[PDB]
Number of protein chains: 2
Amino acid sequence: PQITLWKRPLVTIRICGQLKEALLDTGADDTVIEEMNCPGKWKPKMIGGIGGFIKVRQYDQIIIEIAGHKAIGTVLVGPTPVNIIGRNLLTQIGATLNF
Amino acid sequence: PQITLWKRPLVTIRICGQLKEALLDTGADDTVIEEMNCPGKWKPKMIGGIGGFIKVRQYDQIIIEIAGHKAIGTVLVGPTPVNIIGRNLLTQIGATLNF
Ligand SMILES: CC(C)CN(C[C@@H](O)[C@H](Cc1ccccc1)NC(=O)O[C@H]1CO[C@H]2OCC[C@H]21)S(=O)(=O)c1ccc(N)cc1
């Protein structure tokens, strides 16, 4: 599909059996998902943006479906105000920015 | 151009006379640039990102060239970790996400 940018580029994702809304974010290196009790081993991480840093849990090889496209990779879980699909998974669903 | 997302989507911009590197950021509503000298009037504002809120100077109707494409619009100037081109200007240059 083609997504114009008049509005936030939100899509439906499925992660750990739950449907969520997430922002397709070319400015994010990594995918960051709102706090949820996913199973699996993790490593702590700090990620920084406007305002400073948040502490997150880094999970590797997590399966996510994004707007119907399957993906698998690193997902950071923590107190983000929005769910963000970053470049690590955008590349897997074939996303490009065009102008 | 068509921009893939293996690497950060960095471009050269010209703003208030000066060349800077900036990140094309579909997850940003607004364009936020590091502290710099711009001429003319500004309004104090706040904006929040992943780590909290910062104070910025809002400049309106600023002429800004983005990878050779013209835009004229609002720029927030303040202590951002990365210069980001948000949707307010991405729409002006005709950017879309495609997958
Ligand atoms: C600042 C960027 C270099 C990186 N950010 C992604 C960015 O797209 C965020 C993504 C974002 C979106 C909403 C809320 C928080 C963070 N947007 C953002 O800060 O935009 C601000 C400017 O416009 C406003 O519109 C949204 C918030 C304001 S980030 O959220 O801080 C971030 C950093 C590291 C990772 N792995 C993932 C995300």
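Letters A, B, ... label the chains, following the sequence lines from first to last. Shown for chain A, in order and in the PDB entry numbering: 1-99. Just so it is clear, chain B uses the PDB entry numbers, and the residues here are 1-99, in order. Determined via X-ray crystallography, 1.3 Å. All ligand and atom numbering here is 1-based and tracks the order in the structure. Worth knowing before you read on, the calculation uses all heavy atoms, side chains too, and leaves out hydrogens, waters and symmetry mates.
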Drug identity at ligand 1: darunavir
Hey, which chain has the most contacts with darunavir here? Just the name the PDB entry gives it. Aspartyl protease
Return the chain letters whose heavy atoms come under 4.0 Å from darunavir, other chains only. A, B
Please verify whether a non-hydrogen atom of B/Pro81 lies at under 4.0 Å from darunavir. no
Let's see, which residue and atom does the structure show joined to darunavir via a covalent bond, if any? none
Does darunavir have any atom that is closer than 4.0 Å to a heavy atom of A/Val82? yes
Any N or O on A/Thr31 sitting closer than 3.5 Å to an N or O of darunavir? no
Source organism, chain B, as recorded in the entry: Human immunodeficiency virus 1
Only heavy atoms count here, so choose which of B/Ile54, A/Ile47, A/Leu24, B/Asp30 is nearest to atom 22 (C) of darunavir. B/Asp30
B/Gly48 heavy atom under 4.0 Å from darunavir: yes
Could you help me out with the residues around darunavir? Anything with a heavy atom closer than 4.0 Å counts. A/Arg8, A/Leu23, A/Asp25, A/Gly27, A/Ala28, A/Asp30, A/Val32, A/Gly48, A/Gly49, A/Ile50, A/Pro81, A/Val82, A/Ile84, B/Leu23, B/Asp25, B/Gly27, B/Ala28, B/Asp29, B/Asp30, B/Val32, B/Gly48, B/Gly49, B/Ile50, B/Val82
